[PDB]
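In this PDB entry you will find ceftriaxone.
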4 protein chains.
Amino acid sequence: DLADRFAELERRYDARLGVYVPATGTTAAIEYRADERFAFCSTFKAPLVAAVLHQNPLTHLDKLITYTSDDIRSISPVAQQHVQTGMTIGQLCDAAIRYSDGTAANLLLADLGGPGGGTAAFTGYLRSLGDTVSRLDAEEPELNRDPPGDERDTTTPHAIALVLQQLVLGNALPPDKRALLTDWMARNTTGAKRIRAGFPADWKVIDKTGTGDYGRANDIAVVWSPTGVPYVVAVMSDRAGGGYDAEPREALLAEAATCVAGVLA
Amino acid sequence: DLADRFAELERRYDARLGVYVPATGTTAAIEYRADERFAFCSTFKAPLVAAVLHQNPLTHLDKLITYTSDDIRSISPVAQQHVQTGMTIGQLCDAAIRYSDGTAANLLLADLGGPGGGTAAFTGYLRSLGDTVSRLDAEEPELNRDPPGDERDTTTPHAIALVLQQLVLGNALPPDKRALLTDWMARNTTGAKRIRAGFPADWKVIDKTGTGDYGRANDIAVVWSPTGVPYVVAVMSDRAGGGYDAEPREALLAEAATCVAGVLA
Amino acid sequence: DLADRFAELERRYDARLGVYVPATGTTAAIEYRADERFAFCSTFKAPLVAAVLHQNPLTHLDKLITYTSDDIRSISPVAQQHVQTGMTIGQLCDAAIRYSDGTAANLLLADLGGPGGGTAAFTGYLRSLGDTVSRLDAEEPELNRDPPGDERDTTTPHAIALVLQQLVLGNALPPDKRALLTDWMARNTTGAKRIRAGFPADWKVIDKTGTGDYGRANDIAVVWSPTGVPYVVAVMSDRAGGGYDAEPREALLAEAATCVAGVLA
Amino acid sequence: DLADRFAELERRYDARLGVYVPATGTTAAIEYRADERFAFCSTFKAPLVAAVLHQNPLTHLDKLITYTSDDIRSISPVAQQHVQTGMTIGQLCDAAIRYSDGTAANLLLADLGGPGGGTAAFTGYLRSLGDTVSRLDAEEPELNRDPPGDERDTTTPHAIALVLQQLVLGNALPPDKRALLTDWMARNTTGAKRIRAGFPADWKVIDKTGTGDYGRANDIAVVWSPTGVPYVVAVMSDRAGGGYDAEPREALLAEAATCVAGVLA
Ligand SMILES: CO/N=C(\C(=O)N[C@@H]1C(=O)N2C(C(=O)O)=C(CSc3nc(=O)c(=O)[nH]n3C)CS[C@H]12)c1csc(N)n1
Ligand SMILES: CO/N=C(\C(=O)N[C@@H]1C(=O)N2C(C(=O)O)=C(CSc3nc(=O)c(=O)[nH]n3C)CS[C@H]12)c1csc(N)n1
Ligand SMILES: CO/N=C(\C(=O)N[C@@H]1C(=O)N2C(C(=O)O)=C(CSc3nc(=O)c(=O)[nH]n3C)CS[C@H]12)c1csc(N)n1
Ligand SMILES: CO/N=C(\C(=O)N[C@@H]1C(=O)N2C(C(=O)O)=C(CSc3nc(=O)c(=O)[nH]n3C)CS[C@H]12)c1csc(N)n1
């Protein structure tokens with residue numbers, strides 16, 4: 001009867017909607033296509049920064065990474081302003097989470113090192129979290145482009161929600177690093193019209209968006225009730241039936257979120 | 001399931017909760033104790049103003065109403081400061097709705113004329129709108145003091161939603177007067193922590209609160225979805241079993257609001 | 001060049017304006033007719049409360065004072081709701097400051113005891129604060145009605161500002177009682193259009209209004225800058241040239257207040 | 001004496017303050033560094049939109065503008081979410097004014113056409129309004145990064161105040177387009193802590209902010225007194241001597257505005 005509304009949202013927006021809200025002490029899990037695969041798009045950038053924070057002392061944030069204009073591919077509002085100066089790892093994190101900067105994501109992946117420009121190590125980091133389903137295989141911007149049915153660069157609402165839960169509410173990171181990740185997510189600039197727009201203002205919402213082709217629009221959020229109770233909300237969506245150029249529907253995610261807000265109220 | 005969620009709100013907040021949202025083309029009616037009686041409190045001030053607008057040309061709003069300190073018998077944030085100046089009917093309407101001014105309501109009731117200082121005339125106005133259930137019996141401040149179980153000064157969420165629906169979305173008032181009422185409710189200063197607090201920010205909420213003893217807390221709203229689709233939302237609550245001094249719990253109204261929002265999204 | 005703006009305001013509103021802002025460490029005193037006499041009106045109710053708190057061991061706030069309808073004189077939104085209940089001193093304090101309740105002020109005056117229904121003791125309380133200038137001679141509502149030029153029931157902006165300064169920023173009261181007075185002033189419901197309306201929202205404003213005949217409109221405030229710097233602002237006004245029935249002008253007080261805010265920024 | 005207070009602010013905030021308020025019938029102009037050059041930053045986005053409106057029939061607002069990830073080279077809260085969807089000229093105007101979107105500004109500059117990617121046409125539009133002083137030389141984001149003393153991408157408080165005056169209060173724009181601009185400025189989301197924070201809440205403030213390196217913080221506003229009298233407030237500031245990374249002091253602009261309000265009250 002919650003599922004009835006999500007599928008009505010799917011019909012409204014001609015979209016495939018994936019939602020996961022992990023169970024807590026007081027609420028049952030919310031699952032709609034919780035285990036179907038959806039493309040990460042930029043949502044991997046949040047666990048990416050967690051991986052970077054994990055592998056390395058806080059001090060590593062100050063390392064200056066220089067890069068060239070040839071490295072700038074995909075939306076990079078911050079990295080485009082810093083080719084000449086370079087960027088520290090730390091700000092690369094900042095840009096990757098708060099602005100969904102793709103160049104910053106690629107540099108952080110390279111900083112993870114290893115085959116596929118870091119994707120195997122980032123996949124590995126998710127595994128160290130118990131997420132065996134998700135995988136990152138390409139860099140920005142290729143990871144937004146895989147056709148439907150392709151398992152590359154996909155997660156599921158279930159897996160990615162649980163990952164975020166460990167990163168923000170659990171002990172994946174020592175409190176020092178958990179605060180930095182949580183702060184960047186909290187000051188994200190890309191999610192205003194998604195999960196943030198679907199919850200009442202007095203719910204705190206930290207989130208990481210993802211947007212890609214085939215109408216891919218994701219949002220991963222930690223939301224706090226007015227009473228301060230946290231819930232992890234994974235909302236993922238695509239419109240593959242509309243082809244590569246199918247437009248993402250931000251309103252779809254805000255609606256799905258309001259529905260989740262209604263069950264969490 | 002929605003009824004189940006309301007029942008938990010009721011249990012959580014030691015309160016009796018009444019919710020009504022009239023059906024639309026796209027949504028079924030939402031009813032929880034839709035036909036149980038709850039005390040008006042200052043929620044009557046909105047149809048009160050409608051009555052004055054209905055039986056008077058607009059220019060009647062400019063009429064100067066003078067009154068004495070002896071008329072200041074209830075909380076009157078605006079009327080208390082204008083004993084020496086007088087106040088126009090227009091100003092009284094504004095004060096009754098936006099500040100829940102009790103003297104302004106009594107003076108608007110007086111402007112209605114008839115037995116009981118306007119209370120029979122205002123009830124009659126509810127009758128001409130098809131509300132056979134509601135009744136206003138006392139003035140400010142007595143109408144907030146009636147004991148639980150007494151039908152005096154009571155309405156139901158069903159009835160008041162239907163009244164508010166005709167006033168804001170229907171043709172109870174010509175567009176002239178409808179705009180003035182809609183504006184006053186829209187700039188209401190008392191409802192931020194009630195239905196407004198439960199709906200996402202991109203929803204428009206115009207509302208009239210009511211608060212009284214026995215933990216009475218009401219909010220009647222017309223809300224517009226981001227798509228611009230209107231809904232009438234009546235939420236009434238009391239904690240009468242907690243006696244006269246029971247504190248109203250606004251968060252219950254915000255929670256009930258969020259649940260409704262989740263079903264309407 | 002500030003006197004030029006106040007006298008501008010006086011000319012605009014056909015009014016006598018009295019302004020006093022005590023000097024602080026960094027700012028000079030602001031004085032406009034700071035030492036001319038203005039009628040207390042209800043502004044005495046705030047130091048009245050400080051008097052009651054000063055001479056009683058706090059438990060006295062719970063003492064129940066009963067009164068009769070013949071005792072209800074002048075604007076009394078709270079007292080006229082508690083006749084069969086009576087009202088505790090605490091409630092009377094709260095009513096006198098936050099609602100300017102005149103009946104509550106008279107009962108607190110009586111509770112100070114002595115000739116003239118407490119007015120001599122209250123004057124005496126002011127003397128203990130170093131204000132040798134002010135005097136209270138009548139109860140509500142007579143104290144608002146003295147003709148211009150009559151020294152009875154008058155203070156000066158200078159005098160009341162320093163009095164309020166000691167009550168809120170100094171040590172007239174022990175910290176317990178100072179908290180009760182300040183909180184009452186902070187939640188005052190009567191000053192929204194006076195000093196409060198002249199200062200930017202991010203300046204905190206606690207205040208006590210006074211209004212009377214001859215266009216008497218006062219507001220005494222303690223204001224806190226966005227930096228948290230306190231200032232005492234006494235703004236008093238009458239329009240005696242317009243006779244007993246002269247209307248008070250709140251906008252004069254907000255404008256004068258804005259002028260002050262410009263100097264204190 | 002106002003100048004002395006502006007100098008204190010300058011000392012207080014280690015900042016250079018530029019203030020202009022054009023004369024009206026009742027008030028003399030307020031000038032402090034009125035003819036000194038300050039960097040535009042995003043305040044140009046307001047006349048930029050007017051330039052687009054001036055050159056185009058309203059019908060042009062619905063024209064769909066498409067762009068690529070390479071166009072996202074500066075902070076673009078709205079445009080970065082619409083690379084796959086594209087954006088309407090109207091949306092771009094809205095985004096440029098209300099969210100200070102850097103990409104929306106560049107597309108609107110491009111919409112003006114001509115040398116420097118629209119920069120010459122925009123400067124010319126300022127020239128056609130009688131602004132002989134101001135110049136736009138770079139697009140976003142370079143136009144925020146000119147070193148102190150460099151005249152590129154600078155205006156004066158005098159010039160921009162007069163430009164803003166003609167746009168909102170004069171006849172630079174026909175009434176239909178003038179309302180769209182005024183509406184966009186009125187719903188600005190970035191000016192809460194500047195001129196708005198320094199004027200009393202009952203003053204109406206529409207504004208366009210600007211922020212850049214060297215501690216640059218501007219706010220240009222049209223403000224209406226409670227009586228509805230309009231005033232243009234140009235406040236510009238930088239902390240250039242503090243180097244590229246100086247950060248802006250919004251409270252300086254709010255404090256400066258409070259000073260202006262006190263003289264205009
Ligand atoms: C929740 O996000 N809301 C935003 C939004 O998109 N804001 C962004 C955000 O967080 N921003 C930040 C920064 O990253 O710190 C900034 C600073 S960006 C910057 N800092 C420097 O130190 C520097 O040298 N150069 N630059 C360019 C301002 S707003 C933009 C917003 C824009 S308008 C509005 N009403 N809200
Ligand atoms: C005899 O009357 N008794 C009253 C009474 O006058 N109630 C009126 C009523 O319905 N009113 C409304 C409103 O419109 O909701 C209100 C509630 S608004 C409000 N009040 C606050 O103190 C506050 O901090 N925030 N907000 C938002 C004002 S009282 C009036 C009363 C008030 S509390 C209580 N237990 N009884
Ligand atoms: C700060 O002033 N602003 C006001 C205003 O006048 N609010 C008042 C204020 O502080 N109020 C209070 C109370 O006494 O706590 C209340 C409580 S009234 C009340 N409470 C009881 O417990 C009871 O037994 N009886 N009654 C009557 C509600 S608003 C009024 C206002 C009016 S509309 C709006 N948005 N604000
Ligand atoms: C290369 O450009 N450099 C920029 C820049 O993008 N400037 C633009 C400009 O003028 N903008 C404006 C605005 O409209 O004022 C703003 C101010 S918005 C804002 N962000 C916050 O985080 C916040 O807490 N409050 N507010 C109000 C965003 S940057 C853009 C910059 C911003 S801070 C800094 N040191 N440089």
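Lettering follows sequence order; numbering is per chain, from 1. Read the numbers this way: they start at 1 and go in the same order the structure lists the ligands and their atoms.
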Quick check: main partner chain of ceftriaxone (ligand 2) by heavy-atom contacts, named as in the PDB entry?
Beta-lactamase
4.0 Å heavy-atom contacts of ceftriaxone (ligand 2) by chain
B, C
Using a heavy-atom cut-off of under 4.0 Å, does the side chain or the backbone of B:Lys208 touch ceftriaxone (ligand 2), or both, or neither?
side chain
Protein heavy atoms: any of them under 4.0 Å from atom 20 (N) of ceftriaxone (ligand 2)?
no
Could you identify the single nearest non-hydrogen protein atom to atom 2 (O) of ceftriaxone (ligand 2) and state the distance to 0.1 Å?
B:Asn144 ND2, 3.1 Å
Mind figuring out which UniProt-annotated active-site residue of chain B lies closest to ceftriaxone (ligand 2)? I'd like the heavy-atom distance, to 1 Å.
B:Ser42, 3 Å
Atom 17 (C) of ceftriaxone (ligand 2) protein-contacted, heavy-atom criterion under 4.0 angstrom
yes
Does ceftriaxone (ligand 2) reach any of the residues UniProt lists as binding substrate in chain B within 4.0 Å (heavy atoms), and which are they?
B:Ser100, B:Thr209, B:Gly210, B:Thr211
Select one of side chain, backbone, both or neither to describe which atoms of B:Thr211 lie under 4.0 Å from any atom of ceftriaxone (ligand 2), heavy atoms only.
both
Using a non-hydrogen cut-off of 4.0 Å, what is the binding site of ceftriaxone (ligand 2)?
B:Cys41, B:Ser42, B:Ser100, B:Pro141, B:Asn144, B:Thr190, B:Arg194, B:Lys208, B:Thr209, B:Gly210, B:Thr211, B:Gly212, B:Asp213, C:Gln81
